[PDB]
J.: 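This is the structure I have questions about; it appears just below.
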Amino acid sequence: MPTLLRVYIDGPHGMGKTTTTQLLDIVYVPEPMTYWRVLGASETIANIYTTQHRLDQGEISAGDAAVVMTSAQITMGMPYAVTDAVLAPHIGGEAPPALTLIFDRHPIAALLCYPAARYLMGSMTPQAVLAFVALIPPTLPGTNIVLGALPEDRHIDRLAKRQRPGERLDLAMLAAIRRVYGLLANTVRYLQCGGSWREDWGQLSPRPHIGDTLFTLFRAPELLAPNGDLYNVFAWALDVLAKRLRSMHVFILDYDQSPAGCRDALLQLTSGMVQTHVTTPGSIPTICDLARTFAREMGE
Amino acid sequence: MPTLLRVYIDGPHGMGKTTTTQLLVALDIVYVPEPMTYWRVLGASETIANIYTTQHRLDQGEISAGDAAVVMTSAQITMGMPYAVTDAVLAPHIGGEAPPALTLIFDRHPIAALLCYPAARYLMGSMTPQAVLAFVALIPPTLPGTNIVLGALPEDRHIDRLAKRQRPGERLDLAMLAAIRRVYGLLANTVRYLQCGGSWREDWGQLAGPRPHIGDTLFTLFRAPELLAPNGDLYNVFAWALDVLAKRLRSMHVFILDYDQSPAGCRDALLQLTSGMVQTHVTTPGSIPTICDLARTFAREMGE
Ligand SMILES: Nc1nc2c(ncn2COCCO)c(=O)[nH]1
Ligand SMILES: Nc1nc2c(ncn2COCCO)c(=O)[nH]1
């Protein structure tokens with residue numbers, strides 16, 4: 001059966017992702033802006049940023065904000081979830097690809113990364129975060145995630161030039177999301193190099209130190225028993241996080257360059273990405289129309 | 001290789017599901033109980049109480065639809081968390097389909113939290129169909145050997161059974177009882193509809209035993225204007241969500257238990273449904289004891 005190469009462009013917002021992907025037998029599954037603004041709900045991004053500002057200002061409590069913020073992440077990740085679910089049966093075993101599928105973000109952005117960042121912002125409970133983690137779909141073969149690199153100051157500038165509708169320039173959020181994504185990359189290397197979070201959990205009291213991986217965010221008091229022990233439910237969600245992340249293939253793109261270079265660089269990063277066979281002979285056309293239909297309906 | 005038999009006892013609350021399952025285990029059979037401790041303490045504070053007070057405020061007109069939905073949605077996330085991790089952890093142990101070397105009786109299946117209760121709250125007006133379909137899109141892949149037991153119990157009998165057997169924080173909401181009895185009835189029909197060859201896409205315009213009418217399936221709840229494009233058809237994102245729903249429920253083995261009898265009757269009736277249920281092989285030699293510890297640890301920590 002033919003081959004497919006899927007590439008998920010992910011990372012903190014404001015780095016020029018969408019911009020450089022458009023610059024690239026190659027379909028682009030875009031940012032579901034229409035779902036966020038109208039289909040799933042009314043102006044979700046605006047809802048997300050207003051609630052944080054209301055929390056920041058003390059107009060509401062951490063509990064009010066958490067309920068709003070949590071409900072919102074479900075709307076944000078919906079498009080990525082159905083896409084993964086409908087595509088899964090078409091993906092075959094690891095293997096020029098017959099089709100290159102470029103995505104604007106992977107499910108973990110909405111089921112792990114942002115909820116994690118909102119936790120670090122005090123608007124999401126750590127239990128809500130691990131509930132999204134437990135729902136992360138199984139990691140299929142050939143899951144190539146391209147994350148971005150950009151010095152913080154150039155990122156602030158870029159973030160500033162292109163914002164989304166209803167968004168507010170939150171430097172604290174930019175810092176939170178940068179840490180999460182930075183931790184995420186370390187976690188993948190940790191896991192791939194043999195790291196056992198259960199074996200190094202004490203350390204929170206040639207691989208990255210567990211203190212530099214995402215597991216550090218969950219040594220949170222809400223998740224711990226009176227004797228300091230992590231409750232098994234929560235420990236079980238960490239075993240799933242570990243399983244889901246270890247098989248992903250991470251690639252880093254230096255966005256600290258001109259749009260032509262970034263675009264060049266991404267093409268360059270394609271050579272070591274993993275391709276897979278498809279399941280049926282009719283998979284490519286089916287995959288194509290899914291991409292174009294999604295694009296047509298949810299890209300704004 | 002050793003075999004395993006998993007059985008999920010599900011259905012509307014207040015029928016006597018938890019009692020009869022325990023009775024069943026009292027007879028290498030572990031019970032994975034209702035994780036009440038996660039709902040009352042570990043995941044949030046008195047979640048069942050939050051849910052019922054919220055639908056109540058909504059019903060009384062003290063909060064708005066948007067307020068209730070935001071609360072209901074986060075609360076549904078806490079409710080299903082214990083089901084989801086157990087499924088994810090247990091998944092690599094289940095092998096292909098196949099007495100059992102181990103029998104696992106679960107108190108509810110992940111779809112109770114990821115489909116049925118959300119669908120009912122939608123009917124009750126405290127949740128949006130977009131949110132229900134998002135949950136559905138997150139329903140974990142159905143493992144082979146998924147035997148699910150749903151229950152039957154006359155409404156008058158059901159009503160009287162509720163006016164006592166209330167959870168802590170629960171309120172006597174007969175409207176929600178009707179909605180949930182209705183949703184599980186649709187669930188049952190949806191499984192046979194799909195197993196009889198039904199295709200929701202083919203029968204959309206129409207909106208053991210013979211193949212049911214789509215209007216008697218879960219698909220009928222998603223004929224909501226919020227989900228419809230200007231041309232009358234469903235937005236593709238929502239259509240794809242129904243594709244997932246059909247894929248998840250079509251491989252489940254559903255059985256109906258009659259709860260209109262004494263507890264010992266229900267137990268024996270359930271014990272009979274069990275002899276003809278689908279088993280599976282486990283993947284590794286140590287999956288069985290591992291699985292034993294998991295259910296026991298789950299029970300010890302979350303039961304209440
Ligand atoms: N998924 C998700 N994306 C977010 C959130 N806050 C900001 N973003 C960025 O996505 C769009 C640009 O702001 C959030 O809470 N969740
Ligand atoms: N998951 C879930 N269970 C509920 C809900 N309402 C009632 N129950 C079940 O009754 C509470 C005791 O199980 C709800 O919204 N979600």
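Below, read A as the first sequence line, B as the second, and so on, with proteins coming before strands; counting in each chain starts at 1. For ligands, and for the atoms within them, numbers begin at 1 and follow the listed sequence. Side chains included, hydrogens not; waters and symmetry mates left out as well; all remaining heavy atoms used.
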J.: What's the drug at ligand 2 called?
T.: aciclovir
J.: I'm curious which chain is the main partner for aciclovir (ligand 2) in this model - what does UniProt call it?
T.: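 The main partner is Thymidine kinase.
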J.: Which other chains sit close to aciclovir (ligand 2), with any heavy atom less than 4.0 Å away?
T.: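 Going by non-hydrogen atoms, B.
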J.: Provide the number and element of each atom of aciclovir (ligand 2) under 4.0 Å from a heavy atom of B:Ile51.
T.: 14 (C), 15 (O)
J.: Does only the side chain of B:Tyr83 get under 4.0 Å from aciclovir (ligand 2), or the backbone, or both, or neither? Count heavy atoms.
T.: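 No part of B:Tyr83 is near aciclovir (ligand 2) at this cut-off.
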J.: Quick one: nearest UniProt active-site residue of chain B to aciclovir (ligand 2), and how far in heavy-atom terms (to 1 Å)?
T.: B:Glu34, 3 Å
J.: May I ask whether B:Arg108 places a heavy atom under 4.0 Å from aciclovir (ligand 2)?
T.: yes
J.: Which of the numbered atoms in aciclovir (ligand 2) are under 4.0 angstrom from any heavy atom belonging to B:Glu34?
T.: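 By the 4.0 Å cutoff, the relevant atoms are 12 (C), 13 (O).
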J.: Hey, quick one: which residues UniProt lists as binding substrate in chain B have a heavy atom under 4.0 Å from aciclovir (ligand 2)?
T.: B:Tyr52, B:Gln76, B:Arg167
J.: With heavy-atom distances below 4.0 Å as the criterion, list the atoms of aciclovir (ligand 2) near B:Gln76.
T.: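 That gives atoms 1 (N), 2 (C), 14 (C), 15 (O), 16 (N) of aciclovir (ligand 2).
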J.: Measure the distance from atom 12 (C) of aciclovir (ligand 2) to every protein heavy atom, then report the residue, atom name and distance (to 0.1 Å) of the closest one.
T.: B:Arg167 NE, 3.2 Å
J.: How far is atom 1 (N) of aciclovir (ligand 2) from its nearest protein heavy atom, and which residue and atom is that?
T.: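 The closest one turns out to be B:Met79 CB, 3.4 Å.
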J.: Provide, to 0.1 Å, the distance between atom 7 (C) of aciclovir (ligand 2) and the closest protein heavy atom, together with that atom's residue and name.
T.: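 Of the protein heavy atoms, B:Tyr52 OH, 3.3 Å lies nearest.
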J.: Students should be able to answer this: which protein heavy-atom is nearest to atom 11 (C) of aciclovir (ligand 2), and at what distance?
T.: B:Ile48 CD1, 3.7 Å
J.: Are any other ligands or ions in the structure closer to aciclovir (ligand 2) than 4.0 Å?
T.: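 The other ligands and ions are absent.
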J.: What ATP-binding residues, per UniProt, in chain B have a non-hydrogen atom within 4.0 Å of aciclovir (ligand 2)?
T.: B:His13
J.: Please state which protein non-hydrogen atom is closest to atom 2 (C) of aciclovir (ligand 2) and give its distance, to 0.1 Å?
T.: B:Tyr117 CG, 3.4 Å
J.: List the source species for chain B given in this PDB entry.
T.: Human herpesvirus 1
J.: Can you check which residues touch aciclovir (ligand 2) if I set the heavy-atom cut-off to 4.0 Å?
T.: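 Counting heavy atoms, the site comprises B:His13, B:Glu34, B:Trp39, B:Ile48, B:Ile51, B:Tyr52, B:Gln76, B:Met79, B:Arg108, B:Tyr117, B:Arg121, B:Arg167.
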